[PDB]
**Student:** 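I'd like to ask some things about the structure below.
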Amino acid sequence: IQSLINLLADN
Amino acid sequence: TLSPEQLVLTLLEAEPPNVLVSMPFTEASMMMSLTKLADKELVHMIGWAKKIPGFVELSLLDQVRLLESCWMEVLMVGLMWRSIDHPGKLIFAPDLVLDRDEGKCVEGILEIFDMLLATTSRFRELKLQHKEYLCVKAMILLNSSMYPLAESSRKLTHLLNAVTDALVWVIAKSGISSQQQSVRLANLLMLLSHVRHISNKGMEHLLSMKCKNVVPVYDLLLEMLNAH
Ligand SMILES: C[C@]12CC[C@@H]3c4ccc(O)cc4CC[C@H]3[C@@H]1CC[C@@H]2O
């Protein structure tokens, strides 16, 4: 569900 | 700059969680299990990359291009490491352990299995160390291969140089002759180059399987596959 950029950017 | 030992310990702690995938195999169900597994691993791979020191100081475009470029090589070197002490077996995950002959279930995959097994066999013969494995997996990410992707580029060079220095330091601790240390380093680097070539084959094969509607490809794996 979660994309490369969202995974890279977040948390 | 960290010390080489500080750097190696950061790489250890960066290691991703292990994943489990969960009838006898058809072409369809084997690819489903392997693609499901790959997609889960990819999620953890991004978190791992973010723990490699310096990685998140690179431009976001570099971070993206580094991962698009190396993700299959990283999956494969992980597989080789999990499989290193089991001749003839690919330990894809706990509860997904495949004998060499099980590649016969999927068109084209047996050639790739044999290449993965032969490379794993060279790592075994070399007696690849835990510390060396950590360094080489990080070097793969940081573009030791030098695929063509100023400040982010300069930083990246620094980061790759630091991990190379750490691998050199690990090799130096073995106490073997300077000649043998150089040859060991060359052999490991030539093996990384081979993993890149196996990765190209893997990518090809997955794109073929997707095209022939043999297996669906969704989500992060689809995103990463779409970049090749
Ligand atoms: C990409 C393929 C499915 C996913 C496989 C996988 C899946 C998980 C993993 O940790 C490593 C590998 C390497 C071999 C990959 C395969 C090579 C061909 C096939 O399409």
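A, B, ... follow the sequence lines: proteins, then strands. Residue 1 opens every chain. One-based numbering, in listed order, for ligands and for the atoms of each. The basis for the numbers below is simple: all heavy atoms, side chains too, and nothing from hydrogens, waters or symmetry mates. Heads up, header says this was done by X-ray crystallography, 2.1 Å.
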**Student:** Which option, voglibose, artemether, estradiol, matches the molecule at ligand 1?
**Tutor:** estradiol
**Student:** Can you peek at the structure and tell me the main thing estradiol (ligand 1) is bound to, named as in the PDB entry?
**Tutor:** estrogen receptor beta
**Student:** Show which other chains sit less than 4.0 Å from estradiol (ligand 1), counting heavy atoms only.
**Tutor:** B
**Student:** Numbering the atoms of estradiol (ligand 1) from 1, which are under 4.0 Å from a heavy atom of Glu41(B)?
**Tutor:** 8 (C), 9 (C), 10 (O)
**Student:** Under 4.0 Å from any heavy atom of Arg82(B), which atoms of estradiol (ligand 1) are there?
**Tutor:** 10 (O)
**Student:** Short list, please: which atoms of estradiol (ligand 1) are under 4.0 Å from a heavy atom of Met72(B)?
**Tutor:** 1 (C)
**Student:** From which organism is chain B, by the entry?
**Tutor:** Rattus norvegicus
**Student:** Using UniProt domain boundaries, which domain of chain B contains most residues that touch estradiol (ligand 1)?
**Tutor:** NR LBD
**Student:** Considering only heavy atoms of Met31(B), which atoms of estradiol (ligand 1) have at least one such atom less than 4.0 Å away?
**Tutor:** 20 (O)
**Student:** Could you work out, for atom 18 (C) of estradiol (ligand 1), the closest of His205(B), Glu111(B), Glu204(B), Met45(B) by heavy-atom distance?
**Tutor:** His205(B)
**Student:** Please classify the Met209(B) to estradiol (ligand 1) contact at 4.0 Å (heavy-atom distances, strictly less than): side chain, backbone, both or neither.
**Tutor:** neither
**Student:** Write out the binding site of estradiol (ligand 1) as chain and residue number, heavy atoms closer than 4.0 Å.
**Tutor:** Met31(B), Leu34(B), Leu37(B), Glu41(B), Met72(B), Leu75(B), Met76(B), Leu79(B), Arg82(B), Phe92(B), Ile112(B), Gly202(B), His205(B), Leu206(B)
